[PDB]
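Structure, S-thalidomide included.
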Amino acid sequence: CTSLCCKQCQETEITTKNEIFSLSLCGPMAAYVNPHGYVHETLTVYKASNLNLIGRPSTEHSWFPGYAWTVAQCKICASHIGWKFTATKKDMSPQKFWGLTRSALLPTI
Amino acid sequence: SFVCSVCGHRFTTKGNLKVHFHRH
Ligand SMILES: O=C1CC[C@H](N2C(=O)c3ccccc3C2=O)C(=O)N1
Ligand SMILES: [Zn+2]
Ligand SMILES: [Zn+2]
């Protein structure tokens, strides 16, 4: 549709395509390595729906300096979808966004 | 004290982490 959905649920809408934006210089989606070697192709969107946040934000290993991450999973299927990123300095623009992992979404990007 | 190596999701039991981890 207009929407990107949880892959496991197939039809649980997570975001709409207008929410995609370029936070980085490489573009809206790029591959990042987590501190255990796992690669996540992470799409930055201003806004996501139907996600449960786990825990509290953290700056450790943040792929976007000045932002802290909070794990985000599907509210319907509990599948890992990505992370909410929240600014740590008042001047960051934007002050929040979401990084959604390519492998967790439909249609297949 | 148990952290998923894939996602960063934190757990208070090793057994919870094992179940979650194998969903990835
Ligand atoms: O910006 C981010 C999002 C979190 C991501 N991440 C993980 O996937 C992870 C797994 C285990 C321990 C710590 C982390 C961590 O920071 C990561 O490495 N950077
Ligand atoms: Zn789901
Ligand atoms: Zn995990």
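By convention here, the chains are lettered A, B, ... following the listed order of sequence lines. Heads up, chain A uses the PDB entry numbers, so what you see runs 318-426. In chain B, numbers come from the PDB entry; the residues present are 409-432, in order. Only heavy atoms go into these numbers, but all of them, side chains included; no hydrogens, no water, no symmetry mates. Order of appearance sets the numbers: ligands from 1, and atoms from 1 within every ligand. Recorded method for this deposit: X-ray crystallography, 1.9 Å.
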Quick one: which ligands or chains go with S-thalidomide? ligand 1
By the name used in the PDB entry, which chain has the largest number of heavy-atom pairs within 4.5 Å of S-thalidomide? Protein cereblon
Other chains near S-thalidomide, heavy atoms under 4.0 Å: A, B
Out of all atoms in S-thalidomide, which are within 4.0 Å of some heavy atom of A/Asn351? Include the element for each. 7 (C), 8 (O), 9 (C), 10 (C), 18 (O)
Curious here: most residues of chain A touching S-thalidomide, which UniProt domain are they in? cult
Is A/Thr359 near S-thalidomide, meaning one of its heavy atoms is under 4.0 Å from it? no
Atoms of S-thalidomide less than 4.0 Å from A/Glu377 heavy atoms? 16 (O)
How far is atom 11 (C) of S-thalidomide from the closest protein heavy atom, and which atom is that? B/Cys412 O, 3.1 Å
Under 3.5 Å, N or O to N or O, is A/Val350 touching S-thalidomide that way? no
S-thalidomide contact by A/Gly416, heavy-atom criterion under 4.0 angstrom: no
Could you establish whether A/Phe402 and S-thalidomide come within less than 4.0 Å of each other, counting only heavy atoms on the residue side? yes
Proximity to S-thalidomide by part of A/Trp386, non-hydrogen separation under 4.0 Å: side chain
What's the shortest distance from atom 18 (O) of S-thalidomide to any protein heavy atom, and which residue and atom give it? A/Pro352 CD, 3.2 Å
Contacting atoms of S-thalidomide, where contact means under 4.0 angstrom from a heavy atom of B/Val414: 8 (O)
Can you remind me what the PDB entry calls chain B? Sal-like protein 4
Identify, for atom 10 (C) of S-thalidomide, the protein heavy atom at the shortest distance, and state residue, atom and that distance. B/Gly416 N, 3.2 Å
Return the residue, atom name and 0.1 Å-rounded distance of the protein heavy atom closest to atom 19 (N) of S-thalidomide. A/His378 O, 3.0 Å
Enumerate the atoms of S-thalidomide whose separation from the nearest heavy atom of A/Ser379 is less than 4.0 angstrom. 1 (O)
Which UniProt (S)-thalidomide-binding residues in chain A pass a heavy-atom distance cut-off of 4.0 Å to S-thalidomide? A/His378, A/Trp380, A/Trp386
Do me a favour and list the nearest non-hydrogen protein atom to atom 1 (O) of S-thalidomide with residue, atom name and distance? A/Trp380 N, 3.0 Å
Any chance you could list the binding-site residues for S-thalidomide? Cut-off is 4.0 Å, heavy atoms. A/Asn351, A/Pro352, A/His353, A/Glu377, A/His378, A/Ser379, A/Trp380, A/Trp386, A/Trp400, A/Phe402, B/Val411, B/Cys412, B/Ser413, B/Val414, B/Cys415, B/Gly416
